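Encoded as structure tokens, the structure appears first; notes follow it.
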Amino acid sequence: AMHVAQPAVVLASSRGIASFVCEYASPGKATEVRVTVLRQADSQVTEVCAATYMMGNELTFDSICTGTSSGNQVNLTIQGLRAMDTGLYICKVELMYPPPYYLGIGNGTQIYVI
Amino acid sequence: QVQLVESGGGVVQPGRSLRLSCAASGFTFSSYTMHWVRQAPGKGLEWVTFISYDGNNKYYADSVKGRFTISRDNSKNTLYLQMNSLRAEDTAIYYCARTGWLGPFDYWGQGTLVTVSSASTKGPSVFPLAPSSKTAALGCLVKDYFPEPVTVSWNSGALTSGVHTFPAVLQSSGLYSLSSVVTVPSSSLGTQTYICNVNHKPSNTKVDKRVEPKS
Amino acid sequence: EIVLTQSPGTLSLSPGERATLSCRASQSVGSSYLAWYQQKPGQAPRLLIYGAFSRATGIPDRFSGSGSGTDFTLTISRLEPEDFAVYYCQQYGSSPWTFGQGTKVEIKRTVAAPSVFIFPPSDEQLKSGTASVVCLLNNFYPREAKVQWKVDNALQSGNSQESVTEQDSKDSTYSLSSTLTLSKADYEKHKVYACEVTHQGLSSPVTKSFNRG
């Protein structure tokens, strides 16, 4: 079974930087994987970030985001935040190759900006 | 405004190929991943194929693998399905569908029927199902046409009440048959005239047969 | 390949009644990456529930999803006339994407006997060279009916085909046609053509017959 695990709460930096590790468990040992940071609010959902990367090799970046890949976790750093950006941020890992395709959606991270 | 319009279905002889198209509207198509799903006549939903956001990753159902290709022209906002060595069992309505943000197939195309037969395009023969001598029932047997679909009315669409036009069935001949049937006053069996109007767009054919009581 | 089995095939419920649809998987399903779809015949599927329990934009309150692991239920709290449809559960957490075979939900009404009519082949058709004997079951409920063909009291097999209507909009009944295909040569070997039908609404089975000429 596919499980994605992100922290419950992160407070944001005085400058506007929130950082959180996003760990996943593949039943396979997949190589091409695609991470998406999502924002939830009511039934709606909005794209914040999206990255595709291959294995151990570096993360490729939506400009608002940066990160690192250190094994089977991804250190997603969001910046350029306003007080208005406080909400629920979902980690979405997709394992793309080799087969089978697996989809993983997290429980969400509450980011606070004050 | 979210819309998925597919086109270019129709008929193919077995072995020969056919490419389906689906054109997307009012979402930034680049951002959402896509699928095809078929539905064999009177059967369930079968996932056929998946395409990545870019197209750098493609997945195919076991039963089409080797024969079908999925592709996307992003700047044209269009999704395609190349189908290659078509079998009679590939006959289905083909749905294009969009994967939601969080995984389900949230938006679907309209449907496009692909018929895979060697059968020659043929208009119907229309035989009367004459009302019993010994409420009366009458009808038309719409026999040996190709391909689906056919339309039946009664008295130029002016008799709707009690009409039952059955689903077509596929015969051994590879041709289709159905009966339209209606039920009426036995009193008015002698007076009013009962004509069934059969329309077959794929061979451009209109046939009207008068249905008339027996000896 | 995560197989999905839904039960039953057919829910027979009156409008107003609660409907409970089951979906059971061959193995456990992710973190509830399981959808439900609705299909009113001649239309595309429409998404109803995702993430096992979350409702799709514009789907009304009466639709309701439960379950975890290998067991999932869709609840319709009251059946409105637009809800009588075919429903498919789907898993979407891993490839291949798979559906269940679907549960159809029909209107339940009181039992109705079919009215049976036998139609000999038309004169038109005989001259062409084949003979079609059409049998008609008109407006019956429920859908289970059996039709047997007898030519000179000998039972036919694999030379007849059936077709059934969708449940009548106005009265919730079905109609069925059995058509028997012989060749002109064949049709002229025998005298008595009989269509016998078994249905709930009939106290005993009914036969409809004619002799050629």
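The lettering of chains (A, B, ...) simply tracks the order of the sequence lines. Using the PDB entry numbers, chain A covers 2-62, 65-117, in order. Note that chain B is numbered according to the PDB entry, with residues 1-134, 140-220 shown in order. Chain C is numbered as in the PDB entry; the shown residues are, in order, 1-213. Atom set for the values below is all heavy atoms of this structure, side chains included, hydrogens, waters and symmetry mates excluded.
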### Message
Any chance you know which drug is at chains B and C?
### Response
ipilimumab
### Message
Could you tell me the main partner of ipilimumab (chains B and C) here, using whatever name UniProt has for it?
### Response
Cytotoxic T-lymphocyte protein 4
### Message
Hey, could you tell me which residues of chain A are within 4.5 Å of ipilimumab (chains B and C)? Heavy atoms only, please.
### Response
A:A2, A:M3, A:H4, A:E33, A:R35, A:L39, A:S44, A:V46, A:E48, A:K95, A:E97, A:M99, A:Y100, A:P101, A:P102, A:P103, A:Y104, A:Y105, A:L106, A:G107, A:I108
### Query
By chain and number, what are the paratope residues of ipilimumab (chains B and C) relative to chain A with a heavy-atom cut-off of 4.5 Å?
B:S31, B:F50, B:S52, B:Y53, B:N56, B:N57, B:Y59, B:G100, B:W101, B:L102, B:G103, C:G30, C:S31, C:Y33, C:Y50, C:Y92, C:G93, C:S94, C:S95, C:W97
### Message
So if I look at chain A around ipilimumab (chains B and C), which UniProt domain am I mostly seeing?
### Response
Ig-like V-type
### Task
Please give the species listed in the entry for chain A.
Homo sapiens
### Query
What name appears for chain C in the PDB entry?
Ipilimumab Fab light chain
